[PDB]
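First comes the structure, then the notes that go with it.
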Amino acid sequence: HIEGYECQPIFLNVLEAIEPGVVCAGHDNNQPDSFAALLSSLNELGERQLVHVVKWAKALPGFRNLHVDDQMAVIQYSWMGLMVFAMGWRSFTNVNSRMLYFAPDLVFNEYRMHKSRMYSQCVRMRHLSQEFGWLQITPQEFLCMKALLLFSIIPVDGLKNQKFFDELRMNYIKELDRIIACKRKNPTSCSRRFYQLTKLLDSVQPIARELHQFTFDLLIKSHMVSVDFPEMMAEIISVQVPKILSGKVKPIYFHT
Amino acid sequence: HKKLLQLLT
Ligand SMILES: C[C@]12CCC(=O)C[C@@H]1CC[C@@H]1[C@@H]2CC[C@]2(C)[C@@H](O)CC[C@@H]12
């Protein structure tokens, strides 16, 4: 309800004041691009990205009021969706939607996209990226959206305390609405802009859903293709991820 | 999980 003349910047300050910094993967580009070194690097990046998201999430407003197991759960799910989005925001402001900027030391160009044995999905991620430009997504809009994503995937069975969750997911959708509603007063373009982002958000689920199948399978024929897996990485992919596949855990789409 | 719940604290 940002009305009057002041108040409300509070929320928008958090996301900004708590947005993780830069993250390196540890991939020496000065080496022949092989499916091994590549995927093995992205895997190392994933772990390195997880920790930040963890700290990042515990800083979120009202996030702490969530149950532990839940917090651990939720984070263990939408993690994929988030990273893809963040990475999308990186490739945009940086390589101006043309290359998959995963990390300073890891820039996915056409060639690598192929050698990664996953050129298909890469396109989708390079799509969601180009979208930021078209929809003219603003930083505030992103920082806010990325958060919402966190609470955008739960088991149809229900968390260990649904109420708190819904409440927060609720309060967050408003902030998104509160940010969108800060440029002019008219309940027209708002119902329009909101519709846009919401779509964008849901369009993330598919990719995630896709990037999941790939990593899981990769975990199976892991040793074969000789690709290392971080202690924490393999964990989620073998338990948490499978649930998303087994259908026990499902995303939360605004539309249909 | 096990190795992650630690970071939550
Ligand atoms: C989330 C990461 C790493 C962080 C990021 O910027 C997005 C990117 C999307 C593809 C993921 C990758 C982590 C490692 C995964 C999960 C590989 O196993 C296969 C798909 C990879």
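Residue numbering restarts at 1 for every chain, and letters A, B, ... go by the order of the sequence lines. Counting starts at 1 for both ligands and their atoms, following the listed order.
The drug name recorded for ligand 1 is dihydrotestosterone.
This structure shows the largest set of contacts to dihydrotestosterone coming from the chain the PDB entry labels Androgen receptor. Other chains having non-hydrogen atoms less than 4.0 Å from dihydrotestosterone: A. Heavy atoms within 4.0 Å of dihydrotestosterone belong to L42(A), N43(A), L45(A), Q49(A), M80(A), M83(A), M87(A), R90(A), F102(A), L211(A), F214(A), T215(A), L218(A). Both criteria (UniProt 17beta-hydroxy-5alpha-androstan-3-one-binding in chain A; heavy atom under 4.0 Å from dihydrotestosterone) are met by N43(A), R90(A), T215(A).
Lab note: per PDB, source of chain A = Homo sapiens. Residues of chain A near dihydrotestosterone cluster mainly in UniProt domain NR LBD.
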